[PDB]
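Bound complex of Ephrin type-A receptor 2 and alisertib.
Residue indices begin at 1 and follow the sequence shown. Whatever order the structure lists ligands and atoms in, that order sets their numbers, starting from 1. The header says X-ray crystallography, 1.9 Å.
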Amino acid sequence: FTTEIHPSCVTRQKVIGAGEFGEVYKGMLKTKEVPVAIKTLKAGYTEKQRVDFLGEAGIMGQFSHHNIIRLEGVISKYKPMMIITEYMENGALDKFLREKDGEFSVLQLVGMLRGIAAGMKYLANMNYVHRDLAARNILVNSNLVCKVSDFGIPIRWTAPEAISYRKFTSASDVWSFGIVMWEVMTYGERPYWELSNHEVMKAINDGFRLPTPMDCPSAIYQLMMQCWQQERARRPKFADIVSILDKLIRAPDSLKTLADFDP
Ligand SMILES: COc1cc(Nc2ncc3c(n2)-c2ccc(Cl)cc2C(c2c(F)cccc2OC)=NC3)ccc1C(=O)O
């Protein structure tokens, strides 16, 4: 099932974006009132668009994890149709970190990566391949919890066997996670900067990998490199990534850089 919500229990308060299917709002939901994100289906939709739009909520409704965006419910009996999710105060991860450049501890950044990895582990253990994992598709709440969203072709986030041979697996999601680690540790820099998609694919085949971010711990960058192994069977699983990041968090000197020992 999917909880069906009566439109009188929703208040749209502010437009916060333009989605694939229509406008997206911040609002409130009566259940004590809770802040929500509200995706609407624009009037004048094709049957395919209506099916696609409501399919997102079908997938999302199958999952319940602290690092996966919560579906509160849908409005499908009234118009416009709406998908109601938990509101995430700090928005998209890549934009959040760019606005906060240099303002987090390395422990805090690794903790965000730990949450993302835990959400992805849950997805993989439910045999869900995401295929579109990127910092723009992760949301951050006011307590800095990061949650995967976007349940429904960007070359530089995709594993080469998925580009060349359309082999999308949890292992290719792991490649994407590596790129996400690099987005996080650079505070939202664009992967491969403005190299062309062709130059990106060419460099990866020749063995180029993204370079170490400034002040990135050695174990974190080497974990990225392991996620970017050309042969997908040599990549860590998400269960391994979660276990590795927990060890680093528990030995936090492993995360320190020079400024932690000087000005
Ligand atoms: C977009 O900007 C924000 C969104 C915020 N919150 C928020 N919370 C939930 C959602 C969204 N946005 C949002 C806003 C606009 C758009 Cl177009 C989409 C969404 C999404 C969303 C996403 F960010 C990525 C992928 C899929 C999404 O919907 C499923 N999911 C729901 C908060 C702050 C900001 C900000 O920049 O200050």
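The 4.0 Å heavy-atom shell around alisertib contains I16, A18, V24, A37, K39, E56, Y87, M88, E89, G91, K95, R136, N137, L139, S149, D150. Atoms of alisertib found under 4.0 Å from any heavy atom of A37, numbered from 1 in the order shown, are 9 (C), 10 (C), 31 (C). Of all the atoms in alisertib, the ones that sit under 4.0 Å from a non-hydrogen atom of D150 are 25 (C), 26 (C). When distances are taken between heavy atoms and rounded to 1 Å, the UniProt active-site residue of chain A closest to alisertib turns out to be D132, 7 Å. Considering backbone and side-chain atoms together, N90 places no N or O closer than 3.5 Å to any N or O of alisertib.
Among the ATP-binding residues UniProt records for chain A, the set within 4.0 Å of alisertib by heavy-atom distance is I16, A18, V24, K39. The UniProt domain of chain A that supplies most contacts to alisertib is Protein kinase. Annotation: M88 places an N or O atom under 3.5 Å from an N or O atom of alisertib; distance criterion only.
Organism for chain A, as given in the entry: Homo sapiens.
With hydrogens left out, the protein atom closest to atom 27 (C) of alisertib is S149 OG, 3.9 Å, a heavy atom. Nearest to atom 1 (C) of alisertib among the protein's heavy atoms is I16 O, 3.7 Å. In the vicinity of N137, heavy-atom distances shorter than 4.0 Å reach the alisertib atoms 25 (C). Taking atom 28 (O) of alisertib as the reference point, the nearest protein heavy-atom neighbour is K39 NZ, 3.3 Å. Numbered from 1 in the order shown, with element, the atoms of alisertib that lie under 4.0 Å from a heavy atom of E89 read 32 (C), 33 (C).
At the shortest separation from atom 36 (O) of alisertib among protein heavy atoms lies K95 NZ, 3.0 Å. Of all protein heavy atoms, the one lying nearest to atom 34 (C) of alisertib is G91 CA, 4.0 Å.
Every atom of alisertib with a heavy atom of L139 under 4.0 Å away is listed here by number and element: 9 (C), 10 (C), 23 (F), 30 (N), 31 (C). The ligand atoms of alisertib that sit less than 4.0 angstrom from a heavy atom of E56 are 29 (C). Closest to atom 24 (C) of alisertib, if we only count protein heavy atoms, is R136 O, 3.8 Å.
What sits closest to atom 19 (C) of alisertib on the protein, heavy atoms only, is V24 CG1, 4.3 Å.
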